[PDB]
Chemist: 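The structure that follows is given in the form of structure tokens.
Chain naming here is simple, since letters A, B, ... match the order of the sequence lines and numbering starts at 1 in each. Computed from heavy atoms alone, side chains included, the values below leave out hydrogens, waters and symmetry copies.
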Amino acid sequence: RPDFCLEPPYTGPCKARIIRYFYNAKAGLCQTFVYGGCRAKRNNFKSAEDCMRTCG
Amino acid sequence: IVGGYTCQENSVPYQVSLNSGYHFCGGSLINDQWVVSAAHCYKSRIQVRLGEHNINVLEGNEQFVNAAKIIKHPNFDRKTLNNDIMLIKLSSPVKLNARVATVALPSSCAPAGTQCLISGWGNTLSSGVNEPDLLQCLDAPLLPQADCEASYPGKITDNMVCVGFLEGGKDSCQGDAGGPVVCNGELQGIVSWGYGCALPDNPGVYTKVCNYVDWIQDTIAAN
Ligand SMILES: [Ca+2]
């Protein structure tokens, strides 16, 4: 699978509280984390489906 | 808010919560129909909650009002976070009382060393996650621009100001964005960004409100 899928979730420097999905390689599944609101990395999805399709 | 304390119930009447299903940002009421927040808190649909203390329990003093217009600063930069400010016009004027009040716009730019009050319902831990039910408060000073630039080499613009402590321990965090930094009764800053939370040598960075008073007033008078 793509390399960015193996990277840990990146909250970013912004301080909003936005729930996003990321692929957790360790558990082999997509879960949620708190995204700050800016400068997102690729392992950041607005839905579980998009996450599973891209990183599954 | 990391390292702060629970605010006295309704001692921060100008604080509001931005909600789109759940609390995601803070804001400040500047007049009966307008709220100021951070541009990165932008959402197409937003409900403003005022008179809040315990964000998860219906207390009876709250007012729920939908946003009618959302206006971000035209020069906001999603990458550098320069001009991180946004105005929200409410669908209808709110009722002003002891629990819901406005905060004044700055008369001038406050000097470094000025003690301020920061508030919000954001994360309370530097490592891990703990979202509080009750509004948190933090007393912190405006830092010299030189120390701000030293902490964030080449990332600070004239529209930003650092507030907090270089030793870390106390700071704003995720969930606090858009919130108020009030000094001597005036809104001098808006919670914006930072590297991590309460980390040494990385105090929070805030939007310097005094540079936008005219834009705010002109925007409100035109909409
Ligand atoms: Ca409540």
Chemist: Specify the drug or drug candidate modeled at chain A.
Modeler: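 The PDB calls it aprotinin.
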Chemist: Which bound partner of aprotinin (chain A) is the main one by contact count, according to UniProt?
Modeler: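 Main binding partner here: Anionic trypsin-2.
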Chemist: Select one option (side chain, backbone, both, neither) describing which atoms of B:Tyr42 are under 4.5 Å from chain A (aprotinin)'s heavy atoms.
Modeler: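 The answer is neither part of B:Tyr42.
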Chemist: Quick one: most residues of chain B near aprotinin (chain A) sit in which UniProt domain?
Modeler: Peptidase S1
Chemist: List the source organism for chain B per the PDB.
Modeler: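 The deposit lists Rattus norvegicus.
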Chemist: Quick check for you: among B:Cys41, B:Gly179, B:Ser172, which has the greatest number of heavy-atom pairs under 4.5 Å with chain A (aprotinin)?
Modeler: B:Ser172
Chemist: Who wins among B:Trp121, B:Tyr22, B:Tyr195 for the most heavy-atom pairs under 4.5 Å with chain A (aprotinin)?
Modeler: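 Highest number of heavy-atom pairs under 4.5 Å: B:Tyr22.
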Chemist: Quick one: which of B:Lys79, B:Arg78, B:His23 has the most heavy-atom pairs under 4.5 Å with chain A (aprotinin), could you say?
Modeler: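 The candidate making the most pairs under 4.5 Å is B:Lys79.
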Chemist: Name every other-chain residue that has a non-hydrogen atom under 4.5 Å from aprotinin (chain A).
Modeler: B:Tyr22, B:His23, B:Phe24, B:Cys25, B:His40, B:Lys43, B:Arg78, B:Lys79, B:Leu81, B:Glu131, B:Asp171, B:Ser172, B:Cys173, B:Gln174, B:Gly175, B:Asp176, B:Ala177, B:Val191, B:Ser192, B:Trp193, B:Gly194, B:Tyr195, B:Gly196, B:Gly204
Chemist: Mind pulling out the residues of aprotinin (chain A) that sit within 4.5 Å of chain B? Heavy-atom distances are fine.
Modeler: A:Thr11, A:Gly12, A:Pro13, A:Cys14, A:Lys15, A:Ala16, A:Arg17, A:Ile18, A:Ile19, A:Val34, A:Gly36, A:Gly37, A:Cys38, A:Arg39
Chemist: Using the PDB entry, name chain A.
Modeler: Pancreatic trypsin inhibitor
